[PDB]
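Structure containing 10-1074.
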Amino acid sequence: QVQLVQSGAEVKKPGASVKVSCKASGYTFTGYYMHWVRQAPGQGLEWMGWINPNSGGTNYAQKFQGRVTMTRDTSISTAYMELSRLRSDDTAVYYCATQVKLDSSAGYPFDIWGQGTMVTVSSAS
Amino acid sequence: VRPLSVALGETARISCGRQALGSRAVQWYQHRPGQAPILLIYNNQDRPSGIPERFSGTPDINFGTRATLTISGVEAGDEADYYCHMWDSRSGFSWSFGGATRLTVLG
Amino acid sequence: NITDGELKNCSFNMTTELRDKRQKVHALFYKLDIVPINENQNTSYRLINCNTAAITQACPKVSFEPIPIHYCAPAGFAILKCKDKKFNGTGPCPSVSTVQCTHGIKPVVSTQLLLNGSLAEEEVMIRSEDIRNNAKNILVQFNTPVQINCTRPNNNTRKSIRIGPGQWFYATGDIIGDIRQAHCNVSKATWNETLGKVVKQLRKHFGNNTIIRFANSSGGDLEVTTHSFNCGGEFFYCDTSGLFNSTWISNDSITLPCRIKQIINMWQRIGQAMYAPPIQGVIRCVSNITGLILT
Amino acid sequence: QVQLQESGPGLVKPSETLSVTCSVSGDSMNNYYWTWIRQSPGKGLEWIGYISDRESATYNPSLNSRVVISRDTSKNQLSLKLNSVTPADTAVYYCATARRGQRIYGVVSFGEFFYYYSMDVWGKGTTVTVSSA
Ligand SMILES: *[C@@H]1O[C@H](CO)[C@@H](O[C@@H]2O[C@H](CO)[C@@H](O[C@@H]3O[C@H](CO[C@H]4O[C@H](CO[C@H]5O[C@H](CO)[C@@H](O)[C@H](O)[C@@H]5O[C@H]5O[C@H](CO)[C@@H](O)[C@H](O)[C@@H]5O)[C@@H](O)[C@H](OC5O[C@H](CO)[C@@H](O)[C@H](O)[C@@H]5O)[C@@H]4O)[C@@H](O)[C@H](O)[C@@H]3O)[C@H](O)[C@H]2NC(C)=O)[C@H](O)[C@H]1NC(C)=O
Ligand SMILES: *[C@@H]1O[C@H](CO)[C@@H](O[C@@H]2O[C@H](CO)[C@@H](O[C@H]3O[C@H](CO)[C@@H](O)[C@H](O)[C@@H]3O)[C@H](O)[C@H]2NC(C)=O)[C@H](O)[C@H]1NC(C)=O
Ligand SMILES: *[C@@H]1O[C@H](CO)[C@@H](OC2O[C@H](CO)[C@@H](O)[C@H](O)[C@H]2NC(C)=O)[C@H](O)[C@H]1NC(C)=O
Ligand SMILES: *[C@@H]1O[C@H](CO)[C@@H](O[C@@H]2O[C@H](CO)[C@@H](O)[C@H](O)[C@H]2NC(C)=O)[C@H](O)[C@H]1NC(C)=O
Ligand SMILES: *[C@@H]1O[C@H](CO)[C@@H](O[C@@H]2O[C@H](CO)[C@@H](O)[C@H](O)[C@H]2NC(C)=O)[C@H](O)[C@H]1NC(C)=O
Ligand SMILES: *[C@@H]1O[C@H](CO)[C@@H](O[C@H]2O[C@H](CO)[C@@H](O)[C@H](O)[C@H]2NC(C)=O)[C@H](O)[C@H]1NC(C)=O
Ligand SMILES: *[C@@H]1O[C@H](CO)[C@@H](O)[C@H](O)[C@H]1NC(C)=O
Ligand SMILES: *[C@@H]1O[C@H](CO)[C@@H](O)[C@H](O)[C@H]1NC(C)=O
Ligand SMILES: *[C@@H]1O[C@H](CO)[C@@H](O)[C@H](O)[C@H]1NC(C)=O
Ligand SMILES: *[C@@H]1O[C@H](CO)[C@@H](O)[C@H](O)[C@H]1NC(C)=O
Ligand SMILES: *[C@@H]1O[C@H](CO)[C@@H](O)[C@H](O)[C@H]1NC(C)=O
């Protein structure tokens, strides 16, 4: 079935790098884009960027310019997301979305989503 | 150590033992036993101050040639040991002067 | 022994026509076609592609030079050509003509920069499908071609060795001359004038007073981050960061470095990898850069 | 228009300090480089190393790196210190000057050039013979 699995992450300390995954199945993985979105607890959504797994061409917003890196391993149809030099306001939940099925041909909007992983940070233990 | 006997009136040509690979820059030196060594040619086409214009250098254009110092109109003063100094691109930094040659005149 | 590098000399065992004899041959390989296998920490190298896919050679009796190709419709159909000087991409076209079939087309492969295309008329063209969304590449076509000269000053040598009964294997046996990096030059004043023209034309779609800035590629590959093309029988990869490094508001030519690959994976697929034979002598390619592709 | 005149002990037992100073007479030094040359009877000239204003002291990779060159701007002199000498090291020592030039064949932006030193003005040179007697 068309779906996306993720891997839950533990709380990280400030100044560390997180590792986010997103694994798809079913439909062909090298045909459509894939976006990354974040949701803060008690606020609205905010878009992070979009990666094209066909050729590795990425494009992300200016809010995270120079701090996030997106890769892809099409040999096993999995994505990745790295982020170092963290802060305290980056406590949120992350999602990876696609546009596998829609009558229109434009890239937006995306409909299918995944489980999602809530990442939060703590200064001390 | 390699001698070369050329009588008076003949124009001789002495070359360097070690060949070069690529862009080249050769310097020449002359040394008499007991005297001080003085350069002859540098940059393969330049002439220093205080030398007769009888030693024609070897221009390095359209790489594929070699380096050789010729002597035109040899006199009594042109009889000593010669030294060749090579500087190229595919060898790095040259330290030693390498082998030398010795010229002898007849009559 | 160049003291403190782009290529490396590798020696290895190879078969012969006689099934019991084994010879030892040496060749030169570029740094982008070799991956270490030990890492702890000695030097024992291997190729890049035969961990995942197979490899075939391109015997040099054929050439890759692009030639004009006309697409001609069969008996019963027809082709309609529009001749509007303000064709923004979609909509009606007043001047329509019917031709037997089209003119020559040069199927040249390129990335981030079109080459040997068709010049516009009286203006530069800025086309796209939807401009108000960041999911469609935007095409730009100039009105005057810019000259660009790529060159690899090395002097290679083709060395052929036997690999079996009736087969042959070519390699770059030796480099004779001066080890230097292959580069590419582009005029500076013409480039700045063309960029001024294109930003003046682009200002029509984004308000009459805005700030336009350029930036280099984002990254994540070796084919869609640099400027990739082929000429003289060799594939180049020339960095293009020294071009989109300006900011616009309200005879000293530019140079660009280039790397060279041999084991390419063009026409993205699995199970196939095309080797490229080396070209003998020197290569010098002049081109008319005309296009632009911008996200 | 500079002349260099060297002075040394000449006879010294092995494994002691051998210092031969080459005093300078002429114009002041601001850009020229200096070099020492050793010549043994039966062997050619030995380019041991050069000195510059950047306190750079490099030598041949086969000279065991046991000799040091120094320059004092107070006395305006140049000296050398070579310890642990061997009686088989008798030779004449010249203190000369040299100039650095560059040769370009490719593109300067990528560093397709290389340097080379040429000794234009020379000195006199004296012979030092070391032994246990
Ligand atoms: C893409 O674009 C790039 C961008 O330019 C191109 O890159 C250049 O590429 C060319 C060739 O590929 C390359 O030229 C190479 O240059 C060397 C060196 O040239 C220098 O020196 C010689 C000789 O000189 C000395 O002596 C004269 C006379 O006494 C002095 O006036 C001079 O100052 C020099 O003194 C220097 O040495 C002294 C010690 O001897 C020292 O004391 C001094 O302090 C100095 O250091 C010059 O002749 C030469 O210049 C010339 O240019 C004139 C005008 O055009 C012409 O009349 C003659 O050519 C003249 O020689 C230069 O000054 C040459 O020897 C090589 O032959 C070669 O030309 C150049 O350096 C690269 N870089 C630049 C910035 O240009 C690239 O080629 C291009 N590629 C493609 C594919 O398009
Ligand atoms: C864009 O079009 C260019 C045509 O102007 C083309 O340049 C030509 O490319 C060839 C390929 O090697 C060069 O060499 C050809 O011509 C020489 C002439 O002696 C032949 O000996 C060679 O065998 C070969 O046929 C040309 O010199 C070069 N220029 C011209 C004027 O023909 C570019 O290659 C094209 N761009 C790309 C990316 O392909
Ligand atoms: C590459 O290197 C080749 C080998 O030296 C060289 O070839 C020859 O050209 C020189 C120069 O005229 C001749 O003297 C020689 O006889 C030639 N030999 C052969 C076998 O052809 C090439 O000229 C070099 N490449 C370039 C572009 O100069
Ligand atoms: C790569 O290594 C090979 C073998 O070590 C080199 O081939 C020889 O090169 C040396 C130069 O150091 C010559 O003395 C030999 O005569 C050559 N042949 C053999 C059979 O050893 C090769 O030159 C090296 N590559 C480069 C670019 O230097
Ligand atoms: C690319 O190569 C062409 C061909 O050499 C260059 O064109 C010429 O320019 C030089 C000097 O600028 C003139 O001596 C030639 O007569 C010109 N020939 C032609 C046919 O126009 C061109 O300048 C090179 N590009 C760059 C940026 O230097
Ligand atoms: C695009 O241009 C930027 C401009 O600097 C390049 O920037 C940086 O990254 C380098 C290595 O990753 C660092 O060494 C620089 O210090 C750093 N500079 C800045 C201002 O951040 C970037 O590498 C270029 N990208 C590509 C793909 O070439
Ligand atoms: C095959 O048999 C022959 C018999 O002489 C022997 O010499 C040879 O070594 C054998 N095969 C190989 C390649 O060893
Ligand atoms: C061939 O392999 C043997 C051992 O596998 C090795 O000793 C030898 O060096 C190889 N040949 C060459 C030319 O390196
Ligand atoms: C082209 O013009 C038509 C006419 O209004 C318009 O609908 C369309 O959006 C335009 N497209 C572009 C890419 O300018
Ligand atoms: C881009 O332009 C700036 C302007 O000063 C310059 O410092 C920088 O070196 C340029 N980048 C490249 C890659 O040339
Ligand atoms: C490149 O432009 C020049 C100038 O218009 C033209 O003469 C040349 O034919 C063009 N190149 C090609 C391959 O058409």
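In what follows, chains carry the letters A, B, and so on, assigned in the order in which the sequence lines appear, proteins first and then strands, with residues in each chain numbered from 1. Not the full deposit; the contacts listed refer only to the portion displayed.
- Tracing 10-1074 through the model gives chains B and D.
- The main binding partner of 10-1074 here is, in the terms of the PDB entry, Envelope glycoprotein gp120.
- Other chains contributing a heavy atom less than 4.5 Å from an atom of 10-1074: C.
- The deposited model's entry lists chain D under the name 10-1074 Fab heavy chain.
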